[PDB]
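cGMP-specific 3',5'-cyclic phosphodiesterase in complex with vardenafil.
Numbering of chain A is taken from the PDB entry, so the residues present carry the numbers 531-660, 677-791, 809-860, in order. We count ligands from 1, going down the list as the structure has it; atoms in each ligand are counted the same way. These numbers come from the heavy atoms of this one structure, side chains and all, not from hydrogens, waters or symmetry mates. This entry, so its header tells us, was determined using X-ray crystallography, 2.1 Å.
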Amino acid sequence: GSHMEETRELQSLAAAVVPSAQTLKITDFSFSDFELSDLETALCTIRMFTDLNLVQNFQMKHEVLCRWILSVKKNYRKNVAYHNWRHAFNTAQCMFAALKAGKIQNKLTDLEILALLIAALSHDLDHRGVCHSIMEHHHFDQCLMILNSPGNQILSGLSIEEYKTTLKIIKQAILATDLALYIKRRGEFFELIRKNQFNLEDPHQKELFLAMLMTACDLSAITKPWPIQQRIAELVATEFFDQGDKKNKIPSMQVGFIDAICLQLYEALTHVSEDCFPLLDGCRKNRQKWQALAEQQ
Ligand SMILES: CCCc1nc(C)c2c(=O)nc(-c3cc(S(=O)(=O)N4CCN(CC)CC4)ccc3OCC)[nH]n12
């Protein structure tokens, strides 16, 4: 958009009243953004930061937060069917739901939460594309550029060390969305859980969990109510077909993706917190739906 248009958008956002988390429904794991305008996703984002006490705990100026959110949004690579602002926004919303409804908040520090939210919203910036097609390598560089860009520095209130720590976690969180990295480190996570040895007090295990949580939120579309999951799966297919430039196999592949990548993760997450069960439940239900189709409806 033009300079004038971007200015009007910022004006509208900054002056808008931010509805409660309840009104926005961002606490629900089944949340959908289909009917929301970009402005509304921005208000939802502000609410996430607010109810997670980030605005307060880190002294974020309203205007700066609004500007940073809009700067992240407008900077998403255009013409990408799935990995775009909406997916990033949804990843952040799932993170918020997991921290609140999933009750994972009290297990993390304010800096880890700060970093996780920022990474969720920024992880698909500078999307380049590429089975092995779902093995994308993410890029945290643009995330940091925007975070450090004049007028958008929402971490300005952090001490030198808090800032250095936050950036380290942000980098780890973004890289964690690389499925190759998830596949590489998940074995350790699953075994710790299986042997009742999972310990969040252990720095290494805390870091491992944060990476697994990023993956869970990044793939959460697979847990949504059927009609919603069906539409987002179309977006996924469209993105791959756009790179290509078939469909009768989608059902079988969805089941394969769920069985090989998703289910065990949501099952494990449920062990860390039973309240995250909905994600597992939604995933199981979508597997059944896809299996029915695969066996030929
Ligand atoms: C964006 C890529 C990651 C991702 N996120 C979501 C929500 C999805 C999703 O719903 N579906 C896919 C998704 C995953 C695969 S796959 O590469 O894993 N495929 C199935 C498994 N077999 C091995 C047994 C290899 C080939 C294939 C197609 C997919 O989307 C089809 C619409 N990927 N995906």
Chain A: UniProt 3',5'-cyclic GMP binders within 4.0 Å of vardenafil (ligand 1) (heavy atoms):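 From UniProt's list, the heavy-atom cut-off leaves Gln817.
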Closer than 4.0 Å to some heavy atom of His613 - which atoms of vardenafil (ligand 1) meet that? 1 (C)
Best match, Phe820, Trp853, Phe786: closest heavy atom to atom 9 (C) of vardenafil (ligand 1): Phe820
Considering all protein heavy atoms, does one lie under 4.0 Å from atom 22 (N) of vardenafil (ligand 1)? no
Is there a heavy atom in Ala823 that sits closer than 4.0 Å to vardenafil (ligand 1)? no
Could you check which residue UniProt calls active site in chain A sits nearest to vardenafil (ligand 1), and how many Å separate the closest heavy atoms?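 Heavy-atom minimum to the UniProt active site of chain A: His613, 3 Å.
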May I ask you to identify the nearest protein heavy atom to atom 11 (N) of vardenafil (ligand 1), giving residue, atom name and distance to one decimal place in Å?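 Nearest neighbour among protein heavy atoms for atom 11 (N) of vardenafil (ligand 1), to 0.1 Å: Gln817 OE1, 2.7 Å.
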Quick one: look up the protein heavy atom nearest atom 16 (S) of vardenafil (ligand 1) and list residue, atom name and how far away it is. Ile680 CD1, 4.2 Å
Is it the side chain, the backbone, both or neither of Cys677 that has a heavy atom closer than 4.0 Å to vardenafil (ligand 1)?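 It is both parts that get close, each with some atom under 4.0 Å.
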Taking only heavy atoms of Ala779, which atoms of vardenafil (ligand 1) are found under 4.0 Å from at least one of them? 32 (C)
Which UniProt domain in chain A is home to the majority of contacts with vardenafil (ligand 1)? PDEase
Closest protein heavy atom to atom 19 (N) of vardenafil (ligand 1), given as residue, atom name and distance to 0.1 Å: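 Going atom by atom, the protein heavy atom closest to atom 19 (N) of vardenafil (ligand 1) ends up being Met816 CE, 3.7 Å.
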What is the residue list for the binding site of vardenafil (ligand 1), using non-hydrogen contacts under 4.0 Å?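 At that heavy-atom cut-off, the residues are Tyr612, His613, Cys677, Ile680, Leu765, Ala767, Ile768, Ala779, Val782, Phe786, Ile813, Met816, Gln817, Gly819, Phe820.
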Mind listing the N or O contacts between vardenafil (ligand 1) and protein, cut-off under 3.5 Å?
from, atom 1, to, atom 2, distance (Å)
vardenafil (ligand 1), 10 (O), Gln817, NE2, 3.1
vardenafil (ligand 1), 11 (N), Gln817, OE1, 2.7
vardenafil (ligand 1), 17 (O), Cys677, N, 3.4
vardenafil (ligand 1), 30 (O), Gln817, OE1, 3.2

